[PDB]
Participant: 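This structure holds avibactam (bound form). Let me ask you some things about it.
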Amino acid sequence: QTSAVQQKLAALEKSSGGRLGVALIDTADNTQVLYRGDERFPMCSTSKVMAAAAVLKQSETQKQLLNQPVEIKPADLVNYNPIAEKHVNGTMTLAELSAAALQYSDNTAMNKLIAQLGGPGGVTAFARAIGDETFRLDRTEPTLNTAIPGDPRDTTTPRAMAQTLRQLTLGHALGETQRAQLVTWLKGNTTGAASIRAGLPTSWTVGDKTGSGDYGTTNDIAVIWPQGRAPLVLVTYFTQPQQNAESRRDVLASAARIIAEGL
Ligand SMILES: *C(=O)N1C[C@H](NOS(=O)(=O)O)CC[C@H]1C(N)=O
Ligand SMILES: [K+]
Ligand SMILES: [K+]
Ligand code: NA
């Protein structure tokens, strides 16, 4: 069937000119609302959640791992590295790299997480270990953001990412202290106020990870603690037909508003 919420999301998508993917999980009753929920979208920086979580999982058996220094060299800098560039010729710990990757979306930091996991396939392997058969990471930063229509590299579906985000942040894919650390990082994101949370009541608490790339790709994945109800998990992915298209964070906000109005 097609619900009123799904029809509104389709109208939003039609006005936007692009392709919108939405997946909500309401943990009050485990119900789901999906729009293009099984179509693939380029993850861009939203893939950093899986990489940081995979390192958190490694840290469960290595109490000192997150304090291990990682050397940052001039050649490690890529296209967006506001934190890592302050540490060139120095070191950052895996905790610092995770925080920078998640909260500032530093791309050099993401590459250090990927390298710690043995390459993009190590991120995919972690996804499989936690029951996500859909996620794939194939490249490092910055090429993982090419976002070419029809290209399966570095993609997932809204349904799969919402399920994984739930398991990581509210479920038991990670140990208790690691889950809390991931939640703390997401709640401290600096980049999210124009995306999902712009469409939600201001009294609700949000932790999220945004992303963007070529083809005007504009993404956000969020855990939401609304006023007076159990948490929600919401993924909004958006991509456009031309390579140089502008970001449309407003579309993600609009999708979130439609979702919230349908609760
Ligand atoms: C992630 O998608 N990226 C990293 C950086 N920050 O944007 S974010 O805050 O939306 O994550 C620049 C854009 C993008 C990229 N091209 O790597
Ligand atoms: K961006
Ligand atoms: K609901
Ligand atoms: Na772009």
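Numbering, chain A: per the PDB entry, residues 25-57, 59-238, 240-252, 254-290 in sequence. Recorded method for this deposit: X-ray crystallography, 1.0 Å. Both counts, for ligands and for their atoms, begin at 1 and track the order of listing.
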Participant: Specify every chain or ligand assigned to avibactam (bound form).
Facilitator: ligand 1
Participant: Could you peek at this structure and say which chain has the most contacts with avibactam (bound form, ligand 1)? A name from the PDB entry would do.
Facilitator: Beta-lactamase
Participant: Report all residues and nucleotides of other chains within 4.0 Å of avibactam (bound form, ligand 1) (non-hydrogen atoms).
Facilitator: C69, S70, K73, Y105, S130, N132, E166, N170, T216, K234, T235, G236, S237
Participant: Any other ligands or ions closer than 4.0 Å to avibactam (bound form, ligand 1)?
Facilitator: ligand 2 (potassium ion)
Participant: What is the covalent attachment point of avibactam (bound form, ligand 1), given as residue and atom, or none?
Facilitator: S70 OG
Participant: Using distance alone, determine whether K234 and avibactam (bound form, ligand 1) share an N or O pair under 3.5 Å.
Facilitator: yes
Participant: Would you check the N or O atoms of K73, main chain and side chain alike, for any that come under 3.5 Å of an N or O of avibactam (bound form, ligand 1)?
Facilitator: no
Participant: Can you sort out which atoms of avibactam (bound form, ligand 1) are near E166, meaning under 4.0 Å from one of its heavy atoms?
Facilitator: 17 (O)
Participant: Which avibactam (bound form, ligand 1) atoms, with their elements, are less than 4.0 angstrom from a heavy-atom of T216?
Facilitator: 9 (O)
Participant: Hey, quick one: what organism does the entry say chain A comes from?
Facilitator: Escherichia coli
Participant: Looking only at distances, can you tell me whether any N or O atom of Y129, backbone or side chain, sits closer than 3.5 Å to an N or O atom of avibactam (bound form, ligand 1)?
Facilitator: no
